[PDB]
Amino acid sequence: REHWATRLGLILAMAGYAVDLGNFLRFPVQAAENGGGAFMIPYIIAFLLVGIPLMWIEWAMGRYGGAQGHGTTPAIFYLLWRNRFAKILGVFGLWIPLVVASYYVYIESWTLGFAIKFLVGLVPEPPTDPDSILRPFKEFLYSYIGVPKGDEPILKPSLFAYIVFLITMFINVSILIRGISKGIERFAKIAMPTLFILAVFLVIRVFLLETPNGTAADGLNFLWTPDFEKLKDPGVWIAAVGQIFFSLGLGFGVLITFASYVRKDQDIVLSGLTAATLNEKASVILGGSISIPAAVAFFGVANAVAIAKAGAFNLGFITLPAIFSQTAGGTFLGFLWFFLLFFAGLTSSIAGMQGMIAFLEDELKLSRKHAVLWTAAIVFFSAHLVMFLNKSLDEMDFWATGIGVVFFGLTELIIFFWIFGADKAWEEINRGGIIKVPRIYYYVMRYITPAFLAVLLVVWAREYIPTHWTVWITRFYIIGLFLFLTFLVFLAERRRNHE
Ligand SMILES: CN(C)C[C@@H](c1ccc(O)cc1)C1(O)CCCCC1
Ligand code: NA
Ligand code: NA
């Protein structure tokens, strides 16, 4: 079985997974709308009661599984719990990241395409007034995506957008086909520093931004000024717990698959805690210092609320490109920005596609080459739904990363720490550990963590159990995908009985 070569590379691959566009866009937006600096209170609390506990558990299940030649949850859940239902629930953790891959790789391709357009200077050049500056870029994006101009829910992405998507897919395949160490790990050792340099450079450049409307200091001010009165809102406490899931990448079955390449007695306690810390530093230090401050510096702290409510996607693909076009050498600033984003996604997308690569290897005994190609073929195919069907993307993201990760996360807890046995599990976590997990965490993992997750489930339920008919197409497809994965798992166990 493949293994990580260096302890360092392991951490950089894991942190590479967790560090994403959410660090630079999603996290800052959430913080600004939920108490600013006061949002750190329920965020840190969720990091300690939910994030860290769940993270160690996924590392634990991963390594425990990897030692027995299985990297995915259909096999692993069966090992912790020998039921038929256990294999079935495990499919979710093979299904979730595949659904995400169907739209993520595509969104990742946008950043690549934008980065190219910005580098060669093929971008709009306005003109005055905010709507007169934003609109040329709002249109720049819509022509790339192919946002419907009529009542039809049909996207018509440009030939360039589609071609970059191909190139992007090809780039993912290139790394993945070289394997865990020589491919993913080797790239993590290059990408993560390159990422850090780009972030710092942009951070410095943003702090020097001075416009008649404001400064970057005003941005860091508006963002970090604590509004404790919002801490009374449960919704803030829910947003924090949800954000932790998103920022760390819990409930996707990726950490599990990665940790299955960790050797049987190698440390997962300190290593995981480290990669988790790298991610959080990248969020609060780098991500919170670029997007929002620049937006406030140019549009004033007066629009700082409106900017935050405009959504993370607008901030990163319309607002920030528009601000750059109005700065000295801003067209190159746009390129660094998108190239920063592109790598941040590319380190995450190779990580998410590894789960399917692992399954085909471990359970269907495919060569790494075949597993990678058939995985790419599936992800490439499904993406056409995201590319051509309007709001298809939103529907996949709702199911896969709304119900999916929070439900499947709780399923990970119960199976490992309740069914498999809390005591056996606690040993499985701490075994070979450079440092040991604090004794108090045994209670958190057993009660507090699943309590929070259950509340997030019911709170999601009541609010979200309550769209155009075309969603049924996306629902039809993702349901079908689950069925198809169920079939492969079925074929996997029929092959094993023969041998
Ligand atoms: C949150 N992280 C770490 C990135 C993940 C993700 C999941 C959902 C989403 O909306 C964006 C990214 C992702 O890496 C999961 C595997 C498939 C690619 C995306
Ligand atoms: Na993150
Ligand atoms: Na990444």
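By the PDB entry numbering, chain A shows 5-131, 135-473, 479-511, in order. Both backbone and side-chain heavy atoms feed into the values below; hydrogens, waters and symmetry mates do not. According to its header, this structure was worked out by X-ray crystallography, 2.8 Å. In listed order, ligands and their atoms are each counted from 1.
In this PDB structure, the PDB entry names the chief binding partner of ligand 1 as Transporter. PDB records name the drug found at ligand 1 as desvenlafaxine. Residues with a heavy atom within 4.0 Å of desvenlafaxine: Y21, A22, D24, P101, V104, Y107, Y108, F253, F259, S355, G359, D404, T408. With a cut-off of 4.0 Å around desvenlafaxine, no other ligands or ions are picked up.
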